Amino acid sequence: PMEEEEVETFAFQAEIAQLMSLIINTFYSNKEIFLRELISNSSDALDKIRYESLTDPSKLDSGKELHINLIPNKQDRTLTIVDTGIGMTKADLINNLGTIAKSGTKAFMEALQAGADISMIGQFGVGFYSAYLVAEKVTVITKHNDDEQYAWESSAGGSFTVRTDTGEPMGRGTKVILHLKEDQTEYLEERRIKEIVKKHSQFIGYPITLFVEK
Ligand SMILES: COc1c(C)cnc(Cn2cnc3c(Cl)nc(N)nc32)c1C
Ligand SMILES: [Mg+2]
Ligand SMILES: [Mg+2]
């Protein structure tokens, strides 16, 4: 039907849709780097809210805790990365994030078509899109102090959606929910997540807590 006035559909910027298709279809085995890139993004988000609060302590009224949580769910086949950083506004989700990423995306594609491999995506500032190395659908729940709670979602293919979230309020931060591909379930294992974290994302300025399944 798609007669839901609460859900809006947008097309990715041409360069970004291209990058996503390239990431999805390239044969690349070193997929674990996706978790490092997302943990780096959360650390950046937490640095920003911590820095803003030095001049305005009321920015932490929405939560003093500053941490990162990793939550595998074997039943739903999802790996969720939660942080209490600055969050994202509606403008960020629709306009600003893609605009700021245009230049880095183009450059990254040149590097790839030259020699560089996918693991350097973070050097171009577009590491988030490495999530689709392992995820067929990505759902992002976010809350910025200056806006409402929103839900961003995309299964690639050139389009993404944005709606006002109706679920549990978070207070402030971001939840990245990775709906994992059938053959990428190794990233729901506790020993595997530990290895990847200790490898790269290890000197992070905030506590990283792994939720073990029951
Ligand atoms: C909506 O999904 C994203 C898109 C399409 C592009 N980049 C980022 C990374 N990213 C940007 N700001 C972010 C903040 Cl405040 N936090 C986190 N954890 N990631 C962020 C995200 C999450
Ligand atoms: Mg595609
Ligand atoms: Mg906690």
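Position 1 is the first residue of the sequence, and the numbers go up from there. As the structure lists them, so they are numbered: ligands from 1, and atoms in each ligand from 1. Computed from heavy atoms alone, side chains included, the values below leave out hydrogens, waters and symmetry copies.
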Which chain accounts for the largest share of heavy-atom contacts with ligand 1, under its name in the PDB entry? Heat shock protein HSP 90-alpha
Just wondering what drug sits at ligand 1. BIIB021
Could you help me out with the residues around BIIB021? Anything with a heavy atom closer than 4.0 Å counts. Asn41, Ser42, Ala45, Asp83, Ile86, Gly87, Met88, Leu93, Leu97, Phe128, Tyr129, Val140, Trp152, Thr174
Are any of the N/O atoms in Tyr129 less than 3.5 Å from those in BIIB021? no
Among all protein heavy atoms, pick out the one at the shortest distance from atom 15 (Cl) of BIIB021; state its residue, atom name and that distance to 0.1 Å. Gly87 O, 3.1 Å
Which residue and atom name correspond to the protein heavy atom nearest atom 10 (N) of BIIB021, and how close is it? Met88 SD, 4.0 Å
Using a strict cut-off of 4.0 Å, indicate which atoms of BIIB021 neighbour a heavy atom of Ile86. 15 (Cl)
Report the organism recorded for chain A in the deposit. Homo sapiens
Protein contact of atom 16 (N) of BIIB021 - nearest heavy atom, named by residue and atom, plus distance: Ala45 CB, 3.5 Å
Using a 4.0 Å cut-off to any heavy atom of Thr174, which atoms of BIIB021 qualify? 16 (N), 18 (N)
Shortest protein contact, atom 5 (C) of BIIB021 (heavy atom only): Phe128 CE2, 3.6 Å
Nearest-neighbour protein heavy atom for atom 17 (C) of BIIB021, which is reported as residue plus atom name and distance: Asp83 OD2, 3.9 Å
Numbering the atoms of BIIB021 from 1, which are under 4.0 Å from a heavy atom of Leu93? 1 (C)
For atom 9 (C) of BIIB021, what is the nearest protein heavy atom, given as residue, atom name and distance? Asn41 ND2, 3.5 Å
Less than 4.0 Å from BIIB021: which other ligands or ions? none
